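Bound state: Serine/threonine-protein kinase 6 + tozasertib.
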Amino acid sequence: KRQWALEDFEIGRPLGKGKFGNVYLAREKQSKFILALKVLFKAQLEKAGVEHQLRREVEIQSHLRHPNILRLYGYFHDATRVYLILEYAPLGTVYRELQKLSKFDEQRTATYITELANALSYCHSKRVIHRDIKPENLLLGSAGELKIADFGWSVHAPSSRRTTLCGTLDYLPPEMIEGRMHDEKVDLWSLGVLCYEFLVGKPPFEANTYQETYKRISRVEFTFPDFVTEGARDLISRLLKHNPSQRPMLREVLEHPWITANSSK
Amino acid sequence: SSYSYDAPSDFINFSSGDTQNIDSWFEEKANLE
Ligand SMILES: Cc1cc(Nc2cc(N3CCN(C)CC3)nc(Sc3ccc(NC(=O)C4CC4)cc3)n2)[nH]n1
């Protein structure tokens, strides 16, 4: 069959500054279909030692088919580059929305949480643990629907539990901090951290030094602002359990009365 | 390297919700004996 070639795309502007300077608005030439096209340089990958991570990320995310998970339609490479052909989400990152808004009302947060739980639920039915749930790894499409975007730390854990410390400081589950093995319940932890950052504007274990944040995550030392409503506290508290075994199932999140009372049709 | 992945690199006709089989790839990879 016909394989992708760069020549199949018209390339427009970078989608983003900084760490995203890398991903372009793109167009498939015949269909005129708008895409994001992520460009990676082989030599810099191979010098960094991260090329096997890439393999895993592509293999995983290109096989996942869900409304709230950004399609990776395909990839290809040439002498110098690897290209990832990704779904374009025109409304940008949840993180930008949080920056713009400061914190989200209850309806929006519950809707984001519903959408997201649905995506991870489906992910977990596949034995995939995401392992990097956080506002930047989340994108918004046309209708403002949530899509999971970054599968750079995700793993297919079909049988064996995992040892790899990965994720983002403020979102690390306690089992990772303490160097114990971990399973899919990490995503439940980070979900609770996220639901908190959504409503408050900052994550619950924020500290000056990472040393001090590690410690607060392990002791589960955090507090809620007065404005956080009882149902939101309950949910967050349920998700933020030191013992991963104590964390709810995603179907439970989806059926939580704060979530149901607050998410949309 | 092997930039040869167990992943789609075939041209897609974008100009036309169910390609259901595709994610079967997970349980099959788990089902590898
Ligand atoms: C891949 C992708 C990106 C998009 N959409 C956008 C959109 C965007 N915009 C900037 C802000 N205005 C409000 C409109 C949208 N800015 C970025 S900047 C950006 C770029 C990439 C990523 N994420 C990734 O590359 C994920 C795959 C690892 C996040 C933000 N990405 N659709 N699909």
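Letters A, B, ... label the chains, following the sequence lines from first to last. In chain A, numbers come from the PDB entry; the residues present are 125-389, in order. Numbers in chain B come straight from the PDB entry, and the residues shown are 6-21, 26-42, in order. Side-chain atoms are counted along with the backbone in the values below, which use heavy atoms only and exclude waters and symmetry mates. Indexing begins at 1, ligand by ligand and atom by atom, following the structure's order. Method on record in the header is X-ray crystallography, 2.3 Å.
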**OP:** Tell me which other chains have a heavy atom under 4.0 Å from tozasertib (ligand 1).
**Re:** A
Original post:
Of all the non-hydrogen atoms in the protein, which one sits nearest to atom 14 (C) of tozasertib (ligand 1), and at what distance?
Top reply: A/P214 O, 3.3 Å
Original post:
Is there a nitrogen or oxygen of A/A213 sitting under 3.5 Å from a nitrogen or oxygen of tozasertib (ligand 1)?
Top reply: yes
Original post:
Do you see a protein non-hydrogen atom under 4.0 Å from atom 12 (N) of tozasertib (ligand 1)?
Top reply: no
Original post:
Is there at least one protein heavy-atom neighbour under 4.0 Å from atom 30 (C) of tozasertib (ligand 1)?
Top reply: yes
Original post:
Out of curiosity, is A/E211 lining tozasertib (ligand 1), as in a heavy atom under 4.0 Å away?
Top reply: yes
Original post:
Of all UniProt domains in chain A, which one holds the largest number of residues in contact with tozasertib (ligand 1)?
Top reply: Protein kinase
Subject >> Proximal tozasertib (ligand 1) atoms for A/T217, defined as those under 4.0 Å from one of its heavy atoms >> reply: 29 (C), 30 (C)
**OP:** Mark up the atoms of tozasertib (ligand 1) that fall under 4.0 Å of a heavy atom belonging to A/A160, in ascending order.
**Re:** 1 (C), 2 (C), 33 (N)
Original post:
For tozasertib (ligand 1), is A/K224 a contact, meaning one of its heavy atoms is under 4.0 Å away?
Top reply: yes
Subject >> Selected option - heavy-atom contact closest to atom 3 (C) of tozasertib (ligand 1), from A/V147, A/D256, A/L263, A/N261 >> reply: A/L263
**OP:** Please write down residue, atom name and distance for the protein heavy atom closest to atom 8 (C) of tozasertib (ligand 1).
**Re:** A/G216 CA, 3.7 Å
Original post:
What residue and heavy atom of the protein are closest to atom 10 (C) of tozasertib (ligand 1), and at what distance?
Top reply: A/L139 O, 4.4 Å
